[PDB]
Every structure is written in C-alpha cells, then in structure tokens.
Amino acid sequence: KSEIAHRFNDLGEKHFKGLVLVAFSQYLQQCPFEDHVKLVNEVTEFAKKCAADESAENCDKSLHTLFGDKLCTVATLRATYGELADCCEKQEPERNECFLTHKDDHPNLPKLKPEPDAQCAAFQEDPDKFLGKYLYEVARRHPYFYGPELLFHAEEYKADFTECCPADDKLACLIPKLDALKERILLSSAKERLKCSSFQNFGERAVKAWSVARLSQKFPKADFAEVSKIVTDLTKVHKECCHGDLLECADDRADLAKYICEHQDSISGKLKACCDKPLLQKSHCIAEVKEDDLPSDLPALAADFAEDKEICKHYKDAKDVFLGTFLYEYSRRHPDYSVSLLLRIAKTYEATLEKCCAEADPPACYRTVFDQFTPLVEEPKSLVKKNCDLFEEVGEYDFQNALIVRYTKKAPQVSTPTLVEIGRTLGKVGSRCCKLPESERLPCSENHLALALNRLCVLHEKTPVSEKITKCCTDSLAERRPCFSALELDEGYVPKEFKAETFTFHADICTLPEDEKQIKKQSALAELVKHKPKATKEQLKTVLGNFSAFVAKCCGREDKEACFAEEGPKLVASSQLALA
Ligand SMILES: COc1ccc2cc([C@H](C)C(=O)O)ccc2c1
Ligand SMILES: COc1ccc2cc([C@H](C)C(=O)O)ccc2c1
C-alpha cells in the first residue's frame, strides 16, 4: 500500500532511521554527516505522515523513488559526485542501478582511530548523534556492509562506550574493545562483499548453491525441504541488501529469524541459545551459529547417487533438484570441507553425469563417480598443511612477507598498497585457521581465502591492471582459489625502473606503532619484488632482514637522521646486488 508506512510500522522509528542512515552513507560516501542526518529526518517525517494517512500524495511511490528522490535533492551533488548527477536524470530502477555502480569500494578515507577522551566527551553530550556518526563512518567505508548487522555492531559499540567512559583507566578498557570490533567489522564486511560480488558476477543460482552447501554443513539434521526454504529466503534477504533495499532486507531478515526459531527442533539444537535473545542478537547469533552434530542416521549415498540405474532419467528430468539434493547430502556430512571444495565436488558430480549418461552404458560409467572427488580433496588439504607448517615456523609477519612476495610475483602490476593489504589479509588466514583443531583448518582456510581473494577482485574491478587477475576473478567462483594458487611469476613483466627514494628511510618511521612500521617495510618489500621480480623468496627475506636491522639501529640512535642518512644509501645499493 504505502511501502514506506509499512516498513516504518514493521521496523519502528529507531531501526527505520538506522537503516535509512546506512543506505544514504553507502550511496553517498563523501557527504558531510550533517546532510545525511538531515536527509534522514526528512524521509522519516514523510514516513510518519504516510503511516497516519496512507492515502496522502506520494505515499504510494516505491521506496527507491522516494530515497532516490531524496538523494538527488542533496546540494553540490555535481561538485561532490559529478559522476552521480547523471543517475538523477534517470527513472527507477535505472536510477538505482546507476547509483549502485557508482559505489566506491576503496574510497580510501581516514582510518577510524579511537580518540577515547574526545569520544567519551562527544558520547556523553549526545549519545544518538555519536552512534549515528558511527553508522555513517562505517557504512560509507563499506558501501556493501550487511545493513542490519551494522545496527547490531553499533549496539556493541554503544555497550563499549557505556562500559568504558565511567571506567577507571579509560583507554585500556576501551582501546582493546574498539580494535576487536574493528576486526569484526572488517571480517563481517568481507563476508558480505563476497555475497554481493557473487550476486553481481555469477548470479543467484551460484549464490544459492553456495548457501545450500554452507547451510547443510551447519544444519546437518534439517531435512532438504527445510534447507531449501531457508536458503530461498536468505538469498532473497541478501539480494535485497546487495541491491540497496535495506528496509525490506531487514524486515525479511526478521521474518526469517522468526521462521527459524519456530522450527529449531527440525533445524538445529544449536539454535536454542540464539533463540532466547533479542531481535538483533538473535539474527546475528543465527547468522554466526556453529555447526550441529551429525545425525546418526545419515544415509549411505552410493545407492541413489552411484548405483541406481535411473540416475540419467532422474538427472535429465530435473537437474537442479537432483543436483541440489546431492549437494545437500554431501555437504551435510562434510563440515570438514570448505564450501568451495563442496561446490567443486558438485560440479564434478554433475560433469560426470553429463558425460556418462551420454555414453552407451551410463551405469558402468557413473559407478566410480565418488572416486573422482579424491584428488579434489587432497589438493587443498596439502596446500593448507604446507602453509600452516610455514606459518607456525616463521610467525605472522614473515608469513605475510612470503605472501606479499608470492602475490607481487603473480601480479606485479597491482599497486603496492593493495599487494600489501592483500598479503597481510592472506597471512591473517594463517593466524586464525592454523591454530584450530586439525579437521577445522581446511574449511576455515579456504572460506577465509575466498573473502580475501574477492577483496582483491573487487579492488581489481575498480582499477584493472592485470589480465591474469581478470581471468581468475571472472572464470568460476568455485575455481577462484585454485586459479590464483596456480599463477606464477608473470613472465611478461618488465621490471619496474629502480628509484632510490622508494627504498630510502628516515627517522619519522621511528614513532609509528609496530603495525604501521611493518606496512612501511612490507611496502618496500613489494617494491623490491617489482624492481627485481626474479629474486627468490630467500634472497628477499635476507635483504629485508637487513632493512629491518638498519631501521632498528637508526631509530635507536642519538642522532636518528644522520644514522639513516649515512647508512641508508650504502644498504640501498648493496641490497640490489643480493637480489640478482
Ligand atoms: C543446484 O546445483 C548447482 C548450481 C549452481 C552451481 C554453481 C557452482 C559454482 C559457484 C560456479 O562457478 O558457478 C557450483 C555448484 C553448483 C551447483
Ligand atoms: C592456512 O593458511 C593459508 C594462508 C594463506 C594462503 C594463501 C594461498 C594462496 C591462495 C596462494 O596463492 O597460494 C593458499 C593457501 C593459504 C593458506
């Protein structure tokens, strides 16, 4: 009826305003905070005026016409987003499509730094404005963040400041919390970007297959009917969020959380905890829920999926069902596999049937089908064991450095900040996954690599530089990791010209936190590879150890700058000799 009334009634003023603030920040990432808050109140007012009189003018326009109209009222649009004004000429959905495409995955804004005194200050004098700002800062940095999940984090962030602002020593309560939360924002953001990237680049059918694999591992006791239903509904939730439809996305999400809690007995014993919780906790808890124990009545699969003579007839009849069922069954018994491994096994199952059923004796052919999955399984298992050995041997920083070398060799045309960001994210896959019980390491590692590879692809979408990267990013979602693992030193590379200043250090580096010192060195390392692509990881490890030693020394000196100045250029030249 009035779609905007309806959502307002369903969501209530607070959340309504929340999600409307996020939406606007993510669509207009540059606008001062004040204008968004203003645009938000205006829509909220119209919403209220509509809830009271659904028959009133323009109350029956769709949401996107309404928000699209509000965004296009914003002043200096053509100075702030010269590229956006254009979308404003268009109708809907054309208009929305246009804003979407214009979203910025790397607006490269200032780092959100916890200034606890000035933040506790700002919080006390106005809690609503302080939290609203938080949503804006985060939304505009992560224009595809899972809308409703941000309202959830903003609660945590509120609890953070509520506990630490009266607390004794302020920063030491608050700074480990805000760092922890930031880590969760970044992972959360990555998980969602992969979902939306999957919608954009591979379509729903791919998003559903992913979801079937995953939800079956999590809910191995639910039947297939029940899995299909949730996947159907969840896909619709994320489709909407990814399309910028946040109010509908949230409303649909609450519906699904309620469905799931009505049925937790047919779904999972692990939901109990989640279901006893308030709305936003509940959804978050369901979203992040752990895998239930395997039922003791899992069916052998030989019979229907390898022995049956009718398989061909069954498969031809309705492929997507028979295959979905296969995927449901294989995944439910394999929480020890990664989602992409499962999706790879499903394409091989499928590929094997396409093949065998075309042959004169399909049953003699498809009978060994499960034995084709073996190589699929051991390849990633050994790749994880290998990288976990290396990691436990050399620790995060060196593991990252090995990854930054590996990736700069694979894609030397990518900018150093990106190679560094990625190599660093990749290395944190080790820290996270390698310490886990052994059978969890494969799924952790690959599911996490998916997130980081997709981040590389996303950046690469805005700034394309390498064809090998394009190919891996666009070929097959399921083959993405194996496609990247397979790249080697790009042989067509032309060593970047040497530029002394790049590798020249100064005293300023001395008062950066460790975290930031590393990035400085790690950038130099990428630069070392670009200029000398053929040097082995071992030569680079040694040369960088020298650079590290030189920095420690000079920063420790009475005269830091004469140290850097006298020692640097010598180390700069001799180090090229070691990279021959
Ligand atoms: C309902 O059966 C399916 C449907 C689509 C799929 C897609 C993929 C990967 C993600 C792809 O690259 O398209 C894998 C397995 C699938 C099984
Ligand atoms: C368990 O820890 C890891 C961490 C990073 C990894 C990166 C890669 C990439 C895809 C590569 O190109 O080799 C593979 C495996 C990995 C396992």
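All residue numbers given for chain A refer to the PDB entry; the residues shown span 4-583 in order. Read the numbers this way: they start at 1 and go in the same order the structure lists the ligands and their atoms. Computed over heavy atoms, backbone and side chain alike; hydrogens, waters and symmetry mates excluded.
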> Counting heavy-atom pairs within 4.5 Å, which chain has the most contacts with ligand 2, and what does UniProt call it?
Albumin
> Okay, my shortlist is naproxen, huperzine A, alendronic acid, nomifensine. Which one is at ligand 2?
naproxen
> Give the residue list for naproxen (ligand 2), heavy-atom cut-off 4.0 Å.
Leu386, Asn390, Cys391, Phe402, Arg409, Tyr410, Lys413, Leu429, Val432, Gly433, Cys437, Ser448, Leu452, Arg484, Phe487, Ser488
> Report the UniProt domain in chain A where most residues contacting naproxen (ligand 2) lie.
Albumin 3
> Check each atom of naproxen (ligand 2) against the heavy atoms of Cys437 and keep those under 4.0 Å away; list them by number with element.
1 (C)
> Give the atoms of naproxen (ligand 2), by number and element, whose distance to some non-hydrogen atom of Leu429 is under 4.0 Å.
4 (C), 5 (C)
> Counting non-hydrogen protein atoms only, what is the nearest one to atom 3 (C) of naproxen (ligand 2)? Give residue, atom name and distance.
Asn390 CB, 3.8 Å
> Around atom 8 (C) of naproxen (ligand 2), find the nearest protein heavy atom and jot down its residue, atom name and distance.
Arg409 NH1, 4.0 Å
> Show which atoms of naproxen (ligand 2) fall inside a sub-4.0 Å distance from at least one heavy-atom site of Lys413.
12 (O)
> What atoms of naproxen (ligand 2) come closer than 4.0 angstrom to any heavy atom of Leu452?
5 (C), 6 (C), 7 (C), 14 (C), 15 (C), 16 (C)
> Would you mind running through naproxen (ligand 2) and noting each atom that sits below 4.0 Å from a heavy atom of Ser448?
1 (C)
> Identify, for atom 14 (C) of naproxen (ligand 2), the protein heavy atom at the shortest distance, and state residue, atom and that distance.
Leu386 CD2, 3.7 Å
> Going by the order shown, which atoms of naproxen (ligand 2) are within less than 4.0 Å of some heavy atom of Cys391?
1 (C)
> List every atom of naproxen (ligand 2) that sits less than 4.0 Å from any heavy atom of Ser488, numbering the atoms from 1 in the order shown and giving each element.
10 (C), 11 (C), 12 (O), 13 (O)
> Can you name the atoms of naproxen (ligand 2), numbered from 1 with element, that are less than 4.0 Å from a heavy atom of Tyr410?
9 (C), 10 (C), 11 (C), 12 (O)
